[PDB]
Amino acid sequence: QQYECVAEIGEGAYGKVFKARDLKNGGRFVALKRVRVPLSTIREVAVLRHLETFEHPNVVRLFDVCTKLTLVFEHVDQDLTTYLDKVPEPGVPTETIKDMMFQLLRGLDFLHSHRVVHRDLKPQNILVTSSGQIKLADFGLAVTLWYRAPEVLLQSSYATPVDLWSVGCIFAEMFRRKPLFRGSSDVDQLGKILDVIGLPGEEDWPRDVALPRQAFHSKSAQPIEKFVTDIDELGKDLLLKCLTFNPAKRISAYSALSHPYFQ
Ligand SMILES: CC(C)n1c(C(C)(C)O)nc2c(F)cc(-c3nc(N[C@@H]4CCOC[C@H]4O)ncc3Cl)cc21
C-alpha cells in the first residue's frame, strides 16, 4: 500500500483514525480516517475537497481522498488539550491566548463563509503546530456536552452560532486550564451554563421545545471574572458576546475577528 499505519489516533462513527507513514511523500506522518458505506457523504467529501482548494492556514490540509473511503490529512502532533496540559505555570501567556483565539476565529469564519458548521468544536479537535499554528480538524462529516451550545442542548436550532458558543467555552478554558461548564447530561449541562450566565428573558427562550424556562431557577447571573480570573476588560466583552444564550444575538466569527480585543 502507499500508507503504513503506525498507531491508532482514535475511533469515530463507524471508522478508525490512524497515524500513518506517507511512503510516497518522504514517510511524512499523515492522519488516515476510513469512512464506511450514499450521496450525502459523497457531498460531504466534495465540500471538504472544495475547502482544501482554498488551503486555509487555520484548517488541517486534506492531502488525499481514496476509494470504503480513506481520508488522508496532514498530521499535527498536538491538540489544544495536550498544549494546555503541558503549558508551565502560571499558564498560557496573554498574547498566546490572543493569537490562538484569532486563528481559531479565522478558521471558523472560513468554514462559516462556506456554509460549513463544525458542530463538535472542542480542544481535542483544535490542533496546535510546532510553530503555534491553530488548525481545525474533525469536521464536515456526519460524549462531551461541555462545549455544546444551549440551543443544541434544548434541541431547537443547529446553525453557525453553535460553534461560537464552543469558542467562548474554549476561550475561557485557555485562561482556566479546565473546562468552564462540566455538565454530565444535557439537562445538567444547561443548568451549569445558566448558573453563570443567568436565566435569559422569556423572549430569549426557544419556543416549542421540551424544556421550559421555568424548569431552571438559576436566578441571577454571576460575574465571569470569578470563573475566568485573569481575563482583561476587552476579553471579558468578547467572551460574553460568545456566551450569549440567544443564538440570533450571539457574535459571529466575522465580527469577533474585528473585536477591540484583537486591535
Ligand atoms: C482524535 C480526534 C480529534 N479525531 C477524530 C475522531 C473521529 C476520533 O474524533 N477524527 C480525526 C481525524 F480525522 C483527524 C485527526 C488529526 N489528528 C492529528 N493528530 C493527532 C491529534 C491528537 O493527538 C494525537 C495526534 O496524532 N493530526 C491531524 C488530524 Cl486531521 C484527529 C481526529
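Going by the PDB entry, the residues shown for chain A are 11-47, 55-84, 93-167, 181-301, listed in order. Both ligands and their constituent atoms are indexed starting at 1 by order of listing. As a basis for the values below, the full set of heavy atoms in this structure was taken, side chains included, without hydrogen atoms, waters or symmetry mates.
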Main binding partner of ligand 1 (name per the PDB entry): Cyclin-dependent kinase 6
What drug shows up at ligand 1? atirmociclib
Which residues in other chains are near atirmociclib (ligand 1), meaning a non-hydrogen atom under 4.0 Å away? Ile19, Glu21, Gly22, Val27, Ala41, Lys43, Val77, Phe98, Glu99, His100, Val101, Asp102, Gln149, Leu152, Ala162, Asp163
I need the atoms of atirmociclib (ligand 1) closer than 4.0 Å to a non-hydrogen atom of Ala41, numbered in the order shown. 16 (C), 28 (C), 29 (C)
Can you name the atoms of atirmociclib (ligand 1), numbered from 1 with element, that are less than 4.0 Å from a heavy atom of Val77? 30 (Cl)
Tell me which UniProt domain of chain A holds most of the residues near atirmociclib (ligand 1). Protein kinase
From the PDB file, what's the organism behind chain A? Homo sapiens
For chain A, which residue flagged by UniProt as active site has the shortest heavy-atom distance to atirmociclib (ligand 1), and what is that distance to 1 Å? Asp145, 6 Å
Tell me: protein heavy atom nearest atom 17 (N) of atirmociclib (ligand 1), and distance? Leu152 CD1, 3.8 Å
Does the N or O separation between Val101 and atirmociclib (ligand 1) drop below 3.5 Å for any pair? yes
I'd like to check which atirmociclib (ligand 1) atoms, numbered from 1 as shown, lie under 4.0 Å from a non-hydrogen atom of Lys43. 5 (C), 7 (C), 10 (N), 11 (C), 12 (C), 13 (F)
Okay, covalent or not for atirmociclib (ligand 1)? And if covalent, which residue and atom? none
